[PDB]
K.L.:
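This is the structure I want to talk about, given as structure tokens.
For reference, positions follow the sequence shown, starting with 1. Counting starts at 1 for both ligands and their atoms, in listed order. Method on record in the header is X-ray crystallography, 1.5 Å. What you see below is based on every heavy atom in this structure, not just the backbone, and it leaves out hydrogens, waters and symmetry mates.
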Amino acid sequence: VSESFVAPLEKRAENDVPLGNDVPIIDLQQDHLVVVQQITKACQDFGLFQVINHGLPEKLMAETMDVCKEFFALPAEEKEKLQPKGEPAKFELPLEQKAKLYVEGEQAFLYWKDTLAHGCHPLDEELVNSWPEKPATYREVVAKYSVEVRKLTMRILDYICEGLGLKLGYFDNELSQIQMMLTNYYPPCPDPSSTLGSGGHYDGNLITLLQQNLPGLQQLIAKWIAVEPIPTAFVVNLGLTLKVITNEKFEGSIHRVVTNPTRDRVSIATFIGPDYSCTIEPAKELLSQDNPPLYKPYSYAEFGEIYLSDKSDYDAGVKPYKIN
Ligand SMILES: CN1[C@@H]2CC[C@H]1C[C@@H](OC(=O)[C@H](CO)c1ccccc1)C2
Ligand SMILES: O=C(O)CCC(=O)C(=O)O
Ligand SMILES: [Fe+2]
Ligand SMILES: [Sr+2]
Ligand SMILES: [Sr+2]
């Protein structure tokens, strides 16, 4: 592989990462209180769990994976239409909601990944008109998927509210206003020992729902485990923003993606979180002398700039705001 994609020795993935047998798989059609308790335990102990019987149509999940794979099969001449000034966009502020293809790495090497990203909320003609023109059915399918994934995310956030003792709808406001859909394409890699599909990270936002069909996702528990792909499940990743708002009562998910020498992989990640204008702080309702705030209030925009640039540590984004 090109030296551009060679990860530092210490960040390279071990060849035989064991299956995460303790990754919670939570049936959302259990009794209400059982679902609240199981989600609460997973959030406190792991920060990553899967949800099944989640009420999002399996047919729509399959149709969305199909049109996302069809997009990445498009020829160069079509993909160039999403490359501003002839190259992929960077994950940097301002992060626009119009569809673009993105490159990503650490500042230095590149991740073995192409990412299509666009905003999904609120859905209006202006936003959907800025989405991919091809495939023809992308806009129709992903509009429906967007609404359904948001519905499921807001259900999970209200289970989280009951678990924390926050009023229902606590996150149904500026804290969930941005919905970025990242479709990740991992082409086959001639040397998986040297490369990463995605470097180890927290998702910086509030909560992320990840749809996957194939292996490659790994979680840090300095031990890495493999997250079993369940094609009809969503992987729920708690973000660094939720870690801060819960005053570390919940864990954030630290995860990475490894490359494969034989086959490509598409994942669909729905990133829900605050507007860039938001102030982030530990929920005052949960604070006391027994539970003092571990973070001072901060600008999400200021956090965002550090989070997207500084990868010296997983929580480099929030280190400046740590107190007590
Ligand atoms: C693998 N990388 C990680 C996670 C996804 C991908 C791109 C980047 O994450 C984002 O762009 C998200 C979008 O909501 C973001 C942006 C600013 C603040 C909080 C979150 C870093
Ligand atoms: O491809 C995956 O399974 C993970 C994607 C991811 O973590 C991300 O886009 O932030
Ligand atoms: Fe992620
Ligand atoms: Sr180009
Ligand atoms: Sr357009």
K.L.:
Identify the drug located at ligand 1.
P.N.:
hyoscyamine
K.L.:
What would the PDB entry call the macromolecule that lies against hyoscyamine with the most contacts here?
P.N.:
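The chain with the most contacts is Hyoscyamine 6-beta-hydroxylase.
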K.L.:
Work out whether the distance between some heavy atom of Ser198 and some atom of hyoscyamine is less than 4.0 Å.
P.N.:
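Within the 4.0 Å threshold, so yes.
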K.L.:
Checking contacts here: is it the side chain or the backbone of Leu95 that comes within 4.0 Å of hyoscyamine, counting heavy atoms only? Could be both or neither.
P.N.:
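Side chain only.
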K.L.:
Between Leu182 and hyoscyamine, which part of the residue brings a heavy atom under 4.0 Å of the ligand: side chain, backbone, both or neither?
P.N.:
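Only the side chain of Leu182 comes within reach of hyoscyamine.
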K.L.:
Considering only protein heavy atoms, which is closest to atom 18 (C) of hyoscyamine, and at what distance to one decimal place?
P.N.:
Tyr300 OH, 3.6 Å
K.L.:
Which atoms of hyoscyamine sit under 4.0 Å from any heavy atom of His201?
P.N.:
1 (C), 3 (C), 4 (C)
K.L.:
How close does the nearest protein non-hydrogen atom get to atom 12 (C) of hyoscyamine, and which residue and atom is it?
P.N.:
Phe271 CD2, 3.9 Å
K.L.:
Source organism for chain A, as stated in the entry?
P.N.:
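The deposit lists Atropa belladonna.
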K.L.:
Should you measure from each heavy atom of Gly204, which atoms of hyoscyamine turn up under 4.0 Å away?
P.N.:
19 (C)
K.L.:
Identify the protein heavy atom lying closest to atom 9 (O) of hyoscyamine, giving its residue, its atom name and the separation to 0.1 Å.
P.N.:
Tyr307 CE2, 4.0 Å
K.L.:
Can you report which non-hydrogen protein atom sits closest to atom 10 (C) of hyoscyamine, along with the distance?
P.N.:
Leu308 CD2, 4.3 Å
K.L.:
Look up the covalent bond partner of hyoscyamine and give residue and atom, or none.
P.N.:
none
K.L.:
Return the closest protein heavy atom for atom 11 (O) of hyoscyamine as residue, atom name and distance.
P.N.:
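Minimum-distance protein heavy atom for atom 11 (O) of hyoscyamine reads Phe91 CD2, 3.4 Å.
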K.L.:
Any N or O on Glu104 sitting closer than 3.5 Å to an N or O of hyoscyamine?
P.N.:
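Yes: some nitrogen or oxygen of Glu104 is under 3.5 Å from one in hyoscyamine.
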K.L.:
Which residues and nucleotides from other chains come within 4.0 Å of hyoscyamine, counting heavy atoms only?
P.N.:
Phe91, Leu95, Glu104, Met180, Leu182, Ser198, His201, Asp203, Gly204, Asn205, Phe271, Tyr300, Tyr307, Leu308
K.L.:
Could you check hyoscyamine for N or O atoms lying under 3.5 Å from protein N or O atoms and list the pairs with distances?
P.N.:
{"unit_1": "hyoscyamine", "atom_1": "2 (N)", "unit_2": "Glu104", "atom_2": "OE1", "d": "3.1"}
{"unit_1": "hyoscyamine", "atom_1": "2 (N)", "unit_2": "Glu104", "atom_2": "OE2", "d": "2.7"}

